> 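Looking at a model with GLPG0634; I have a few questions.
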Amino acid sequence: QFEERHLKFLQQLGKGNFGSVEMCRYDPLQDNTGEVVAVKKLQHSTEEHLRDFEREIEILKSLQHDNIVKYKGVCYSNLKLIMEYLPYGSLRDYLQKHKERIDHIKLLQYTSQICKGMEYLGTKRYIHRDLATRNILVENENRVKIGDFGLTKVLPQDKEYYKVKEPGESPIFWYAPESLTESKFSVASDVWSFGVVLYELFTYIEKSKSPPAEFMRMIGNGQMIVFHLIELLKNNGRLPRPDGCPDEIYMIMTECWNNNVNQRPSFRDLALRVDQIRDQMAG
Ligand SMILES: O=C(Nc1nc2cccc(-c3ccc(CN4CCS(=O)(=O)CC4)cc3)n2n1)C1CC1
């Protein structure tokens, strides 16, 4: 649908080891009347990374949900993924900036939208593998969307987990212990990560309170990090309750952080509990 020549670069939205997102204007009439869009491309395109990117594109294209960033199309000379542009950006940066304006009732509305997005994923047998507030996007004051799917895998038909160990840098501080020790990824490791996302929110993204900073303090400030992490978690070492967090929200977090994969709640039970807590804060 999109031509490379009609896509004008406006700014960088985020750069990683394997990907980059840009704000661009798609202006086919060249009269500065096209819509601003978000454009994801590989930064150092391997052919494996390209094949993964093609699948990421096919995943996003197959998703249609209020809390999932919209697919617009592809563009090539090559491959670019064109998405809707969300003007408020990542929940992470948005929470950090507007922390004095965002109360707990709002945090739980975001939380509940993230669960519904995640339940819709698990419905297609997709495992996200990268739930973090940096990958959640703010559409408006009342709406968040899951906004990146670079690490998302389809479960095979005959299995409820997927095994994979990619080279380089893994977000280890959001990983369930069976993902660190066995490279096993399931709906339940996504639930583990969701618990860490909930922790993030309730910390209001206070610099020294992030999971990397907290687990590093607990371990002791290279390759040895994951080993010490694994041991800490097996001993039931865990992220502290955030400042001002209710016992009942922290209970949800700690339940998400069960070492017993099978004892972790489902996404729809998470949504029931959160929506129940929300109503007991309002009415
Ligand atoms: O960011 C803004 N809008 C906006 N719209 C969209 C629409 C789709 C996707 C994103 C988006 C999602 C994630 C990121 C972070 N990260 C960049 C490197 S990677 O490995 O490629 C993917 C991970 C960056 C941008 N965004 N971001 C506003 C604040 C300036």
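Numbering of residues begins at 1 and proceeds along the displayed sequence. Excluded from the calculations below are hydrogen atoms, water molecules and symmetry mates; all remaining heavy atoms, backbone and side chain alike, are included. Atoms within each ligand, like the ligands themselves, are counted from 1 in listed order.
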> Look up in the PDB entry the name of the chain with the most contacts to GLPG0634.
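The chief partner is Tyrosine-protein kinase JAK2.
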> Under 4.0 Å from atom 16 (N) of GLPG0634, can you find at least one protein heavy atom?
no
> Heavy atom under 4.0 Å from GLPG0634: found in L137's side chain, backbone, both, or neither?
side chain
> Looking only at protein heavy atoms, identify the closest one to atom 30 (C) of GLPG0634 and say how far it is in Å.
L13 CD2, 3.7 Å
> Among all protein heavy atoms, pick the one closest to atom 22 (C) of GLPG0634 and tell me residue, atom and distance.
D148 OD1, 3.3 Å
> Starting from atom 13 (C) of GLPG0634, find the nearest protein heavy-atom neighbour and note its residue, name and distance.
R134 O, 4.2 Å
> What protein heavy atom is closest to atom 23 (C) of GLPG0634, reported as residue, atom name and distance in Å?
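Of the protein heavy atoms, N135 OD1, 3.9 Å lies nearest.
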> Write down the residue and atom holding a covalent tether to GLPG0634, else none.
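Covalent partner: none.
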> Which bit of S90 is near GLPG0634, meaning a heavy atom under 4.0 Å away: side chain, backbone, both or neither?
neither
> Heavy-atom contacts under 4.0 Å between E84 and GLPG0634: side chain, backbone, both, or neither?
backbone
> For atom 29 (C) of GLPG0634, state which one of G14, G147, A38, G89 supplies the nearest heavy atom.
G89
> Should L86 be counted as touching GLPG0634, given the test is an N or O pair under 3.5 Å?
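By distance alone, the answer is yes.
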> Is it the case that GLPG0634 has an N or O less than 3.5 angstrom from some N or O of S20?
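Yes - when backbone and side-chain N and O of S20 are compared with those of GLPG0634, one distance drops under 3.5 Å.
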> Show which residues surround GLPG0634 within 4.0 Å on heavy-atom distance.
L13, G14, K15, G16, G19, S20, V21, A38, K40, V69, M83, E84, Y85, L86, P87, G89, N135, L137, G147, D148
